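Notes to accompany the following structure.
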Amino acid sequence: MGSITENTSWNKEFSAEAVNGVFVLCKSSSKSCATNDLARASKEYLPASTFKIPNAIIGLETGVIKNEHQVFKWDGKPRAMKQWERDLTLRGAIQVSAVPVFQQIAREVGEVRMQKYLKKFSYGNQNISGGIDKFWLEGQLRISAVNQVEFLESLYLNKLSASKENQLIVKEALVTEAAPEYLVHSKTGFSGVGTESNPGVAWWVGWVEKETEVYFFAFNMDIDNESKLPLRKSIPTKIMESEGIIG
Ligand SMILES: *C(=O)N1C[C@H](NOS(=O)(=O)O)CC[C@H]1C(N)=O
Ligand code: NA
Ligand code: NA
Ligand code: NA
Ligand code: NA
Ligand code: NA
């Protein structure tokens, strides 16, 4: 990362909702970032479903995902969300956030190759302890909002230690809004409601391409009640709108 400046006026959008969280927003052309909370911007949290981004790249790199058009077939047995009970493409599995597809990717990648690529990607604390299929869900892996924006900038630039083709495949799978001069790539996550005195984490990370500028973003918040989940999009959206970053 370049420079980061704390702007505590952005806490307005958090206090209104009694949210403890952080937003990091970086403008590519000026090599500068801003945050409501410098200390929290570097604090590391479970990646939860945001881990689909590195995991998809790693699955392609290792050949476990055979190519961009692989279909992940449903075995017909119960899955935890109805939206996952179907065959899915790579983009569909990312977009509906189908955990079992990505747990099996991780199993097939295996611990040695997973460790290798998280070290190459400088991905968080790089700690894959807790089981090959769940280290990023309930194990020891942790990543900060600063590190998310660094990782996403590298992906945007095709500068991760992976083929350019595999980075491009994952990028199209992450498009969530497309207009002529406005394109958003993004991914949500939610580790759960935590335990007593130990909240869960909710995430929204991504980047916005508006005309010839690019803005990288990462939001996280403590969460202990699922009713608060939409704040992971609404608070960053309000901040980005106040910065003029909008269709
Ligand atoms: C990822 O964090 N998970 C899978 C699924 N993601 O949907 S989200 O991106 O809208 O948060 C549901 C939540 C979570 C999980 N249960 O593991
Ligand atoms: Na920057
Ligand atoms: Na955490
Ligand atoms: Na437009
Ligand atoms: Na909380
Ligand atoms: Na604001």
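Residues 19-265, in that order, are what chain A shows, numbered as in the PDB entry. Whatever order the structure lists ligands and atoms in, that order sets their numbers, starting from 1. All values below were derived from every heavy atom in this structure, side-chain atoms included, with hydrogens, water molecules and symmetry-related copies excluded.
- Going by contact count, the macromolecule most engaged with ligand 1 is what the PDB entry calls Beta-lactamase OXA-10.
- In this structure, the drug found at ligand 1 is avibactam (bound form).
- Contacts between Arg250 and avibactam (bound form, ligand 1) below 4.0 angstrom, taking non-hydrogen atoms only, involve the side chain exclusively.
- Within the listing of avibactam (bound form, ligand 1), atoms 9 (O) sit less than 4.0 angstrom from a heavy atom of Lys205.
- Among protein heavy atoms, the minimum distance from atom 13 (C) of avibactam (bound form, ligand 1) is reached at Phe208 O, 3.8 Å.
- Atoms of avibactam (bound form, ligand 1) found under 4.0 Å from any heavy atom of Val117 (numbered from 1 in listed order, with element): 4 (C), 17 (O).
- Near avibactam (bound form, ligand 1) (under 4.0 Å), the structure shows no other ligands or ions.
- According to the deposition, the covalent link from avibactam (bound form, ligand 1) ends at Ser67 OG.
- Of the UniProt active-site residues in chain A, the closest to avibactam (bound form, ligand 1) by non-hydrogen distance (1 Å) is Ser67, 1 Å.
- Against a heavy-atom cut-off of under 4.0 Å, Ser67 is close to the following atoms of avibactam (bound form, ligand 1): 1 (C), 2 (O), 3 (N), 4 (C), 5 (C), 6 (N), 14 (C).
- Counting heavy atoms only, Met99 comes closest to atom 12 (C) of avibactam (bound form, ligand 1) of the residues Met99, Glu156, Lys251.
- Listed by number with element, the atoms of avibactam (bound form, ligand 1) under 4.0 Å from a non-hydrogen atom of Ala66 are 2 (O).
- Looking at the UniProt beta-lactam-binding residues of chain A, I find a heavy atom under 4.0 Å from avibactam (bound form, ligand 1) for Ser115, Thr206, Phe208, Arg250.
- Near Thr206, with a cut-off below 4.0 Å to any heavy atom, the atoms of avibactam (bound form, ligand 1) are 8 (S), 9 (O), 10 (O).
- Listed by number with element, the atoms of avibactam (bound form, ligand 1) under 4.0 Å from a non-hydrogen atom of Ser115 are 4 (C), 5 (C), 6 (N), 7 (O), 9 (O).
- Other-chain residues and nucleotides with a heavy atom under 4.0 Å from avibactam (bound form, ligand 1) are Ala66, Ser67, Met99, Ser115, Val117, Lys205, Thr206, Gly207, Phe208, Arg250.
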Atom pairs and distances, avibactam (bound form, ligand 1) N/O vs protein N/O under 3.5 Å:
from	atom 1	to	atom 2	distance (Å)
avibactam (bound form, ligand 1)	2 (O)	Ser67	N	2.8
avibactam (bound form, ligand 1)	2 (O)	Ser67	OG	2.2
avibactam (bound form, ligand 1)	2 (O)	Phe208	N	2.9
avibactam (bound form, ligand 1)	2 (O)	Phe208	O	3.4
avibactam (bound form, ligand 1)	3 (N)	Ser67	OG	2.3
avibactam (bound form, ligand 1)	6 (N)	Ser67	OG	3.1
avibactam (bound form, ligand 1)	6 (N)	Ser115	OG	3.0
avibactam (bound form, ligand 1)	9 (O)	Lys205	NZ	3.1
avibactam (bound form, ligand 1)	9 (O)	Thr206	O	3.0
avibactam (bound form, ligand 1)	9 (O)	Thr206	OG1	2.5
avibactam (bound form, ligand 1)	10 (O)	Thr206	OG1	3.3
avibactam (bound form, ligand 1)	10 (O)	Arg250	NH2	2.8
avibactam (bound form, ligand 1)	11 (O)	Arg250	NH1	2.8

